[PDB]
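The model presented next includes R 77975.
Every chain is numbered from 1 and lettered A, B, ... according to where its sequence line falls, protein lines coming before strand lines. Side-chain atoms are counted along with the backbone in the values below, which use heavy atoms only and exclude waters and symmetry mates. Structure determined by X-ray crystallography, 2.8 Å. Portion of entry displayed, and contacts counted within that portion, nowhere else. Numbering of ligands and ligand atoms starts at 1, following listing order.
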Amino acid sequence: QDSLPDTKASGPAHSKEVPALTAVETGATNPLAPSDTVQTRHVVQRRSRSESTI
Amino acid sequence: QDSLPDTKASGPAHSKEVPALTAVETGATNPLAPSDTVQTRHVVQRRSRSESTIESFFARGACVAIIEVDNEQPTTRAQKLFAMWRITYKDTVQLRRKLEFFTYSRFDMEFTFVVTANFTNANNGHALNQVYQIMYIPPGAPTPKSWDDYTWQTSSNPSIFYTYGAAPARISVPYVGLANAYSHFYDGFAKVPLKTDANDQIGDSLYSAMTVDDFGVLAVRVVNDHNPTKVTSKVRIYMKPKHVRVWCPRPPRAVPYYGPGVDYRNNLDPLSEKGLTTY
Amino acid sequence: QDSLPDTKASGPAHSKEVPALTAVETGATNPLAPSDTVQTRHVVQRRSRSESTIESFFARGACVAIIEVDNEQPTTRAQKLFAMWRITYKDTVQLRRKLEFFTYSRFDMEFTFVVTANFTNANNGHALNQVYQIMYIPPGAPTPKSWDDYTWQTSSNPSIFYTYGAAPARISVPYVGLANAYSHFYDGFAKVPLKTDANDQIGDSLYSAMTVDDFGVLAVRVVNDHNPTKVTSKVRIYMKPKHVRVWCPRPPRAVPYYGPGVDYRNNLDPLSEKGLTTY
Amino acid sequence: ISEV
Amino acid sequence: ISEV
Amino acid sequence: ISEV
Amino acid sequence: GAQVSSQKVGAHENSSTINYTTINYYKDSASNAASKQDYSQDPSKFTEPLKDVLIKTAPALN
Amino acid sequence: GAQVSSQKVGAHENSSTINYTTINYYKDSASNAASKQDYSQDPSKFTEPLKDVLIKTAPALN
Amino acid sequence: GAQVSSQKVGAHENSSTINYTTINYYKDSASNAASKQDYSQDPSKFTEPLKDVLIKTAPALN
Amino acid sequence: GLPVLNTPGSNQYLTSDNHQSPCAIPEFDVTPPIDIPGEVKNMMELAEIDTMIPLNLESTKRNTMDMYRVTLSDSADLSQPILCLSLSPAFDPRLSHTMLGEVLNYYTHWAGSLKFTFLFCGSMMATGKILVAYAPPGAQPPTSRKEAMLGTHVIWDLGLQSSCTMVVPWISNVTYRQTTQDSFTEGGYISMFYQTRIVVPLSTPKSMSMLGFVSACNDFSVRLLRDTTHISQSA
Amino acid sequence: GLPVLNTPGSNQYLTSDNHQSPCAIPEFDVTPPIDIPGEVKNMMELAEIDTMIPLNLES
Amino acid sequence: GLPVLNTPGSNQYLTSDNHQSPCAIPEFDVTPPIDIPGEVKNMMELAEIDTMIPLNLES
Amino acid sequence: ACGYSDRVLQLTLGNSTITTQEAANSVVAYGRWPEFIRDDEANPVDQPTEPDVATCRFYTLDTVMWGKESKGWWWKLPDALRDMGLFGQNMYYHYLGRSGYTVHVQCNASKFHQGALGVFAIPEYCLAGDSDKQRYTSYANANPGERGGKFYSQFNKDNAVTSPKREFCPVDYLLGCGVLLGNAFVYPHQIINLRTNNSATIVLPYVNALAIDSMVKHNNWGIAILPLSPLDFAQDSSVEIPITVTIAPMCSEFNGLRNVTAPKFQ
Ligand SMILES: CCOC(=O)c1ccc(OCCC2CCN(c3ccc(C)nn3)CC2)cc1
Ligand SMILES: CCOC(=O)c1ccc(OCCC2CCN(c3ccc(C)nn3)CC2)cc1
Ligand SMILES: *C(=O)CCCCCCCCCCCCC
Ligand SMILES: *C(=O)CCCCCCCCCCCCC
Ligand SMILES: *C(=O)CCCCCCCCCCCCC
């Protein structure tokens with residue numbers, strides 16, 4: 001099996017966790033996903049990156 | 001075992017069961033058999049529907065294109081030193097009609113290329129054997145302007161190098177659709193005109209058409225440098241669907257095709273004259 | 001083991017058993033052997049009838065047709081740019097006579113195609129290698145009017161694409177009969193004249209003939225566009241029955257064939273003159 | 001192998 | 001295989 | 001043989 | 001990795017189950033020939049799309 | 001799915017049962033070569049179609 | 001020495017794991033075709049080369 | 001180098017073949033199937049679905065909506081046939097273009113039982129009894145109810161059950177008939193007559209339409225795929 | 001690509017040969033055999049049946 | 001000599017194919033791999049790395 | 001038991017109820033009842049909107065009159081419903097929307113009237129056009145909304161090259177699409193035969209090559225109503241009865257919310 005990560009059913013938010021905020025100065029890229037900034041449904045992912053292998 | 005249902009020995013009737021009567025208004029077809037309306041014997045059936053499977057029905061290489069390409073001295077005007085063909089089953093009518101018995105289809109595609117060539121002019125000496133280059137250019141990739149320009153370097157596009165006289169070229173292509181099935185018919189548009197638009201051309205589109213370049217093109221050229229004498233050639237493309245699945249049945253085309261959509265123009269009179277009480 | 005019955009050491013006789021006497025009126029053949037009419041030794045027989053099996057007897061590719069086809073400039077008159085041949089074993093006499101040793105037959109058929117070509121005219125330059133298209137047109141399917149018309153698109157008809165110089169083309173065909181066996185002879189008609197008929201042509205038919213198109217035709221063309229100089233070609237068709245079964249034995253044809261039925265015309269004198277008491 |  |  |  | 005199956009014998013030679021062998025040479029399944037052992041199904045979704053599917057001997061409209 | 005059988009050896013080299021191997025490549029049995037191991041039968045249906053088949057040593061007509 | 005593996009079937013014919021067979025004919029491995037069963041890895045060395053890699057929900061700079 | 005010997009047929013291209021070949025786009029990530037409604041596995045499924053027969057192809061009636069409408073009336077000549085038709089499912093004009101006839105024109109041979117269902121589209125106050133028949137081939141095609149009576153037949157009585165099905169039973173000499181016309185493999189005759197007559201009351205239309213439908217029974221099969229005469233193309 | 005070497009006889013057509021070849025009509029539903037009377041398995045069966053000799057071939 | 005039959009596609013060259021072929025330099029002593037930092041296994045790794053957008057393409 | 005029938009139905013959806021005392025059973029198109037997009041067939045990742053009873057209810061379209069000259073009527077879905085209460089709003093405020101439907105077609109008359117309506121539900125109902133021009137029918141003319149369209153008895157070509165009508169020309173016996181009407185029965189259908197039934201009830205699943213699509217760019221189903229047998233009554237040559245189409249969305253779900261789409265129907 002080589003499919004990509006499934007999408008999670010994510011809900012409403014009121015917290016002190018702020019993933020939408022970051023600091024690119026550090027050299028890193030924010031590891032975010034739709035479920036961090038918007039309400040998502042559960043999608044079972046079948047797509048794979050087989051053609052883009054080296 | 002794949003044979004059809006045996007016939008039952010059925011006898012005389014005097015009952016309140018009336019299978020001969022029905023009501024087609026309901027939308028259904030009466031599931032009747034000879035044994036419901038007549039006395040039948042017992043027949044052991046050996047006949048099977050093996051040739052009419054969706055696979056067997058399409059399992060044949062159909063001609064969908066003739067690409068004409070020449071090899072001659074590159075002069076300074078419109079010539080055919082290379083050719084391009086938008087991949088499609090619609091330039092031809094025969095396979096088009098079979099696939100159109102259905103709304104949706106999903107299959108792998110086999111392409112077989114029959115190359116033929118000949119001498120144009122009575123005589124300027126002859127030609128050594130020609131090698132042909134068929135390059136698939138997927139939408140987005142650079143289209144050749146010249147028969148020997150850089151796009152033919154083909155670093156990532158699939159290319160076939162065919163040698164004249166050899167067994168016809170053959171390749172397979174996976175199910176490459178942007179959707180879960182190829183749509184043989186699309187009751188829609190690719191763009192919608194909005195009230196807020198500046199001109200009314202912005203949101204204008206061809207009815208029933210989806211993507212502009214849909215699957216891309218096949219570019220053909222003779223890799224050989226020109227001989228003194230000219231050689232004209234034809235790449236015949238045969239298409240065969242394999243590992244086939246089909247959905248939602250449609251009536252067969254009854255009048256001659258008029259372009260890519262369902263449009264008709266003429267010969268709208270498909271049926272013959274025959275008398276009501278004539279056999 | 002498939003050898004024939006051994007010979008028995010048989011001795012002198014003085015008995016009331018008279019095997020030498022019989023009565024052919026009964027319809028039967030006397031099942032005699034040397035040991036019934038003469039003193040024999042014991043011979044262990046190794047000989048076998050392996051070459052005379054129904055399969056071995058037919059197991060050979062026989063020429064049943066020569067289809068002549070040209071590739072030349074399409075002019076405006078009767079030409080051979082494409083040809084058609086009603087499939088049959090009856091255009092030739094040799095295989096026809098072997099299959100006719102029997103009334104009924106059931107087999108699979110192998111077809112091998114020997115293509116040969118040549119230059120017609122002393123010299124108009126030359127020709128690049130020709131590719132041939134053999135299309136089977138089953139009864140009902142559209143017959144070509146033109147060498148490059150739409151029927152050659154061949155979406156559902158079986159077609160062979162042969163390249164000159166390559167090993168002869170070959171294909172197999174299943175038992176395709178409308179009945180449980182191919183009839184080599186049909187003592188009947190396809191239509192019957194009824195008293196109530198308007199003209200007496202309505203119910204008229206060819207004696208011993210069954211279906212009009214019986215198995216269909218093979219259409220042949222050169223897929224190549226015409227060279228300046230003309231190339232004439234011949235497709236020789238070899239037929240071989242395999243997985244063969246035969247019924248009801250018939251006497252061999254003793255006089256020259258006169259058409260598809262059993263009709264004779266001339267050379268009705270098959271036997272030589274030889275004296276009654278001459279060795 | 002795989003025999004059906 | 002199948003040996004006769 | 002070697003079956004993965 | 002050889003695949004073995006029974007041919008459906010039509011015209012039988014005077015000699016019973018006869019088999020044929022198949023092997024895939026390519027990684028991409030699109031490259032494969034057609035197996036042609038195709039199963040069938042009911043006409044029903046098309047010949048009787050009814051919510052109350054009724055028995056052929058009883059009145060169609062009751 | 002390979003088929004193996006004994007050849008009927010005619011001229012024996014100075015070296016016993018020798019075999020040959022056969023494999024069918026095609027699904028359609030019509031595509032197959034000829035097995036040529038053909039069994040035989042009696043002439044009887046043709047040489048003696050009689051309702052009372054009699055013994056060769058007894059009078060044909062009794 | 002035959003190598004057997006599962007194809008990833010895309011468009012399924014109306015007939016399940018389908019396999020393909022591979023055999024190397026040459027001693028030098030450079031002569032071999034490409035296996036194309038390629039494993040992947042994390043973007044991390046590139047997307048987060050950090051000495052203290054932090055959790056996406058906590059402040060990037062604390 | 002394995003010693004091999006090339007046989008006849010080597011390097012030909014047969015349209016009908018079944019072989020492997022190199023994949024032009026290696027490792028392509030194929031879009032998965034979704035469960036779409038309406039899937040077909042065999043073309044005979046479509047020939048089993050009832051479709052309207054163009055039963056009336058008279059001069060002004062053909063290639064118009066009236067070709068599907070057979071007129072019945074309380075004053076029709078009772079001696080005469082309502083309709084007559086030949087059992088040639090792919091060739092006879094009335095049948096050739098139905099879904100049944102249309103699949104059969106892609107095949108050289110057919111076999112099996114057929115069925116004809118007739119719809120009375122008259123007003124509810126209209127009554128009637130009709131004889132519909134099938135005569136297996138070989139005799140005079142029926143010109144009178146008296147002759148039609150003698151063969152396979154259904155006596156339809158018009159009432160709450162609007163429609164009547166006549167099964168044409170597979171009765172044939174050959175194991176498969178042909179899809180084109182041919183006396184050797186001919187199927188016979190279909191004909192219809194009033195058994196009594198259409199009776200209406202007053203203030204009721206005295207004339208109405210009958211619709212006819214055809215489909216194949218489950219014993220029906222077809223063979224030898226071929227190209228149809230029902231579609232073509234000009235240069 | 002399996003390394004092969006073509007031998008003599010490659011690409012000839014011998015009338016007497018026994019080989020497989022592609023089926024031109026795939027999946028054709030073949031009509032079954034019925035038990036017909038009079039079947040022959042070997043041509044010598046016919047030569048074993050008595051037939052009338054043209055013993056007198058005078059002018 | 002094994003009886004074989006050549007199919008369509010025989011002797012073509014497809015840019016996209018995957019086949020074996022003779023090694024031009026037999027038994028060459030190949031230099032071993034060393035563990036180099038920065039290895040990539042899939043091109044989508046690079047598209048996942050943040051890069052600066054030319055957001056202002058005015059004249 | 002009690003006295004139930006194939007001809008007496010009650011359809012209840014949301015705050016709407018339909019009763020019929022003379023139906024002909026009911027068709028479930030291709031044997032599939034409408035359903036929601038499953039997680040393993042899902043494609044847009046954003047949480048969908050499911051308005052349930054506020055959008056999945058019976059909208060009655062403007063009535064058409066069947067008369068002796070009537071050649072046929074046609075509607076497209078979702079187009080017919082683009083302005084139907086909260087359904088239309090959900091349809092235009094979201095990029096993506098799927099829907100199943102219950103189609104209920106109404107035509108009553110009397111034991112003395114006569115005629116037969118062919119009610120057809122067609123997947124991807126592509127119609128033919130006006131002109132010499134191929135695939136030239138404009139979005140505005142392709143989509144009549146509630147008003148629907150009509151069939152014609154013959155192909156009268158839109159002749160004026162200068163200012164083209166860019167309309168459809170649907171010829172009845174060619175189903176307006178190049179095939180013959182007698183074969184339209186391979187599609188999900190019912191017949192309103194006036195001596196048998198007042199109505200037809202076809203239930204429709206979402207049919208498409210995608211799990212979900214743009215409802216504004218694309219119609220999934222087409223409703224074609226062609227008189228198989230003409231309207232006739234007593235001897236009055238200008239008879240006329242109403243045909244009323246009532247449609248309900250089913251299992252409607254929406255994805256990709258943003259500002260409202262305002263199409264130009266001018
Ligand atoms: C929307 C209607 O059209 C179709 O359904 C339909 C039409 C054409 C189809 O073919 C697949 C598209 C292409 C994709 C790749 N392709 C190739 C690829 C490589 C080579 C050498 N030659 N051809 C050629 C065909 C598949 C489906
Ligand atoms: C009634 C007397 O004739 C026969 O018995 C008899 C005569 C001919 C026979 O051949 C079988 C019929 C056809 C069927 C198909 N066919 C084909 C099919 C495909 C191709 C490429 N080429 N030929 C050619 C032969 C079989 C039997
Ligand atoms: C399973 O297939 C194991 C048995 C293999 C037998 C030998 C096959 C020889 C041909 C190998 C084909 C390799 C194709 C890439
Ligand atoms: C039974 O046949 C299993 C053994 C197979 C041995 C390898 C055969 C290699 C050739 C396979 C032929 C495939 C033909 C379509
Ligand atoms: C492992 O491979 C053992 C099984 C071999 C089966 C027969 C293969 C026939 C082809 C051999 C190829 C030799 C190549 C140099």
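- Tracing R 77975 through the model gives ligands 1 and 2.
- The chief contact partner of R 77975 (ligand 1) in this model is named by UniProt as Capsid protein VP1.
- Heavy-atom contacts below 4.0 Å between R 77975 (ligand 1) and other chains occur for B, J.
- The source species given by the entry for chain B is Poliovirus type 3 (strains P3/LEON/37 AND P3/LEON 12A[1]B).
- Name recorded for chain J in the entry: poliovirus type 3.
- By chain and number, the binding site of R 77975 (ligand 1) (heavy atoms under 4.0 Å) reads B:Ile87, B:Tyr89, B:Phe111, B:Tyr136, B:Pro158, B:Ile171, B:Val173, B:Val176, B:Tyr182, B:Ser183, B:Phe215, B:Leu218, J:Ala24.
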